[PDB]
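The next PDB entry has sulfasalazine among its components.
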Amino acid sequence: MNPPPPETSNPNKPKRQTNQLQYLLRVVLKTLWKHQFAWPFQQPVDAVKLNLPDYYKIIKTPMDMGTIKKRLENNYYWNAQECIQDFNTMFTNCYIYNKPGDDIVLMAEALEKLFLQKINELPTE
Ligand SMILES: O=C(O)c1cc(/N=N/c2ccc(S(=O)(=O)Nc3ccccn3)cc2)ccc1O
């Protein structure tokens with residue numbers, strides 16, 4: 001059985017808009033979402049649909065780009081680092097659950113390399 005997805009909104013959290021958060025949504029998330037390998041990462045891992053009955057026994061901090069998109073859009077993140085950490089969690093979850101050399105690991109590695117290229121150009125101020 002799948003867990004509920006990660007929280008994406010909280011009416012009590014303070015909100016702010018920074019140039020880095022705007023770039024994370026309008027550039028970073030947008031670019032990764034369109035990538036040829038993005039589709040397995042566009043929504044929470046559905047262990048029932050995918051027949052992965054051990055997924056949530058191994059992965060205790062699930063994360064995905066659909067969740068990250070919602071967090072950015074809802075102003076859930078206060079610090080750009082929170083969003084960067086969620087992307088890192090997504091990539092590392094793939095490396096944890098799978099094994100070196102698996103196709104899905106190669107795909108995650110390619111998305112991670114593109115992610116690092118884009119966050120290298122995070123704006124200042
Ligand atoms: O949930 C998903 O959508 C999901 C998708 C997965 N896709 N695996 C794939 C998807 C595509 C390919 S591929 O046809 O493009 N071949 C490839 C791709 C990269 C490197 C080497 N070979 C190879 C494996 C693997 C696990 C998953 O859970």
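Throughout, numbering of the chain's residues begins at 1 and tracks the sequence. When a ligand or atom number is given, it counts from 1 through the structure's own listing order. Determined via X-ray crystallography, 1.5 Å.
Structurally, the greatest contact with sulfasalazine (ligand 1) is made by what the PDB entry calls Bromodomain-containing protein 4.
Within 4.0 Å of sulfasalazine (ligand 1) on heavy-atom distance sit the residues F37, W39, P40, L50, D103, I104, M107. Nearest to atom 12 (C) of sulfasalazine (ligand 1) among the protein's heavy atoms is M107 SD, 4.2 Å.
What sits closest to atom 15 (O) of sulfasalazine (ligand 1) on the protein, heavy atoms only, is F37 CE2, 4.4 Å. Taking atom 6 (C) of sulfasalazine (ligand 1) as the reference point, the nearest protein heavy-atom neighbour is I104 CD1, 4.0 Å. The nearest protein atom to atom 5 (C) of sulfasalazine (ligand 1), hydrogens excluded, is given as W39 CH2, 3.4 Å; this is a heavy-atom distance.
Of the protein's heavy atoms, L50 CD1, 3.1 Å lies nearest to atom 1 (O) of sulfasalazine (ligand 1). The closest protein non-hydrogen atom to atom 4 (C) of sulfasalazine (ligand 1) is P40 CB, 3.8 Å. Not a single protein heavy atom sits closer than 4.0 Å to atom 27 (C) of sulfasalazine (ligand 1). The organism reported in the entry as the source of chain A is Homo sapiens. Among protein heavy atoms, atom 16 (N) of sulfasalazine (ligand 1) sits closest to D103 OD2, 4.3 Å.
The protein reaches atom 22 (N) of sulfasalazine (ligand 1) closely, with a heavy atom under 4.0 angstrom from it.
UniProt domain boundaries put most chain A contacts with sulfasalazine (ligand 1) inside Bromo 1.
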Write 'none' if nothing qualifies; otherwise put on separate lines each N/O atom of sulfasalazine (ligand 1) with a protein N/O atom under 3.5 Å away and their distance to 0.1 Å.
unit_1	atom_1	unit_2	atom_2	d
sulfasalazine (ligand 1)	22 (N)	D103	OD1	3.3

